[PDB]
Peer 1: 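Okay, here's the structure I mentioned, the one with epothilone D.
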Amino acid sequence: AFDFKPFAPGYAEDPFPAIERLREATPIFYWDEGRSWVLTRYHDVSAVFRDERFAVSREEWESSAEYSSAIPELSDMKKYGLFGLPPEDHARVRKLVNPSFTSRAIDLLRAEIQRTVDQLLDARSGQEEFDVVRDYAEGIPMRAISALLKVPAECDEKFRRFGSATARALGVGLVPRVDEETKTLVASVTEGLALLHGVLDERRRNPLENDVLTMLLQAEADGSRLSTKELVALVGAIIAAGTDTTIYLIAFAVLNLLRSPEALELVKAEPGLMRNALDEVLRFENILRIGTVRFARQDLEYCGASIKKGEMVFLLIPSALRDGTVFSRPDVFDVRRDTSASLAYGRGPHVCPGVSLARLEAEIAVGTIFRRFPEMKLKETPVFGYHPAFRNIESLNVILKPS
Ligand code: HEM
Ligand SMILES: C/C1=C/C[C@@H](/C(C)=C/c2csc(C)n2)OC(=O)C[C@H](O)C(C)(C)C(=O)[C@H](C)[C@@H](O)[C@@H](C)CCC1
């Protein structure tokens, strides 16, 4: 049950020695600063995802009151968003939007994503320094979500800001060390919600064929299928959930291929392996700092612990995914392995709706960059930060065509 310090300097860069220590010594421990139990092993993590004794709604938490008062601008999003809705409401909302996120539906986005990837590399690949985060990955995910929502590129920076702020603001009162000023967070959240109201009112005015937002609006207008608050919360969550995560995937992919020349040469030789490799990036080195949370609906015993009702539980994803009893050679980056058991996109009713979008964006972004600059080399050690949810890479400086 030893030493868990996920905000220590060095942890985001390389958390694996620390959490192997934890995982090898115990399946469960109490994280005093996080005020919650932490589960360290694959099977325990996997099960809790599907186990209905554990809720997602933060309203089940013993500290619900404190959490709901924090960032009142986000109260609606917390009550009516995908995490807060009761299971039958959650199923309903998911049944509605899931069709818009399949591989086939998101395939339409392919040309716009490639165009964005093309102009980012055109506009900045000429200087000495190329920052894979600042100059590349950062400009991609919002373009994608905005194409899916049919929002003009001029609004991209406002929504990205909103997405990233919202993801952090939702941590305030929930997770220990949100690394930003409230007033700044709150302003980006406010402005973003305003922008969103305008996007939605325009779409109701000018509804479109084969369009996610119009479909959601048309469901809201007809007999009870989606409330206005559910709808707004849903679009807001999609923007916030899909912004930073994908930035980190793309960056961690490039990093991990630069670090493993063998893996890269394999993906060069069989471009069809790119999809598996991107899944193995998340498996071998998951972008999450700690993981995700659940809340005990009732007192119960679990892996030798007496968990009380309302107590929070963290699933230590990056640990579970190095669990040697499920993955062979868990500590090797192997782009040929079977990655089916990866929990990186969740399991159960709350399984990530954006998985096909994240994979498409990253295949295009990571594929393109290595095809057009095959001899790319890391110019320096990646700089990591203190995002409360993510092992966030702030910069990843490389040399595209090295002398
Ligand atoms: C590689 C990037 C991504 C990762 C690793 C990821 C991971 C996850 C995970 C693990 C969950 C479940 C969390 C839990 O059960 O507590 C989830 C839920 C979610 N993800 Fe993703 N996601 C990613 C990208 C995206 C994108 C691009 C979108 C765009 C819409 C998205 C939208 C969502 C939403 C809305 C939920 C809530 C689902 C629900 O509660 O029903 N994600 N994601
Ligand atoms: C990868 C990941 C992204 C989901 C995204 C988010 C805010 C989703 C969502 C749906 S409805 C709603 C209000 N939000 O959530 C995030 O990007 C970060 C979370 O907002 C905060 C609350 C900061 C966290 O640390 C949590 C515990 C985070 O690590 C878990 C939830 C991450 C796995 C899911």
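Note that chain A is numbered according to the PDB entry, with residues 14-416 shown in order. What you see below is based on every heavy atom in this structure, not just the backbone, and it leaves out hydrogens, waters and symmetry mates. Counting convention: from 1, in listed order, for ligands and their atoms alike. This entry, so its header tells us, was determined using X-ray crystallography, 2.1 Å.
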Peer 1: Which ligand or chain identifiers match epothilone D, all copies included?
Peer 2: ligand 2
Peer 1: Help me out: which chain holds the greatest share of contacts with epothilone D, per the PDB entry?
Peer 2: cytochrome p450EpoK
Peer 1: Show which residues surround epothilone D within 4.0 Å on heavy-atom distance.
Peer 2: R71, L95, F96, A180, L183, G184, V188, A250, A254, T258, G304, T305, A402, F403
Peer 1: Within the 4.0 Å heavy-atom shell around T305, which atoms of epothilone D are there?
Peer 2: 30 (C), 31 (C)
Peer 1: Return yes or no for this condition: an N or O of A180 is under 3.5 Å from an N or O of epothilone D.
Peer 2: yes
Peer 1: Flag atom 17 (O) of epothilone D as yes if some protein heavy-atom distance to it falls below 4.0 Å, otherwise no.
Peer 2: yes
Peer 1: Does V188 reach epothilone D with a nitrogen or oxygen that is under 3.5 Å from one of the ligand's nitrogen or oxygen atoms?
Peer 2: no
Peer 1: Protein heavy atoms near atom 9 (C) of epothilone D, is at least one of them under 4.0 angstrom away?
Peer 2: yes
Peer 1: Which residues of chain A carry a UniProt substrate-binding annotation and have a heavy atom under 4.0 Å from epothilone D?
Peer 2: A180, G304
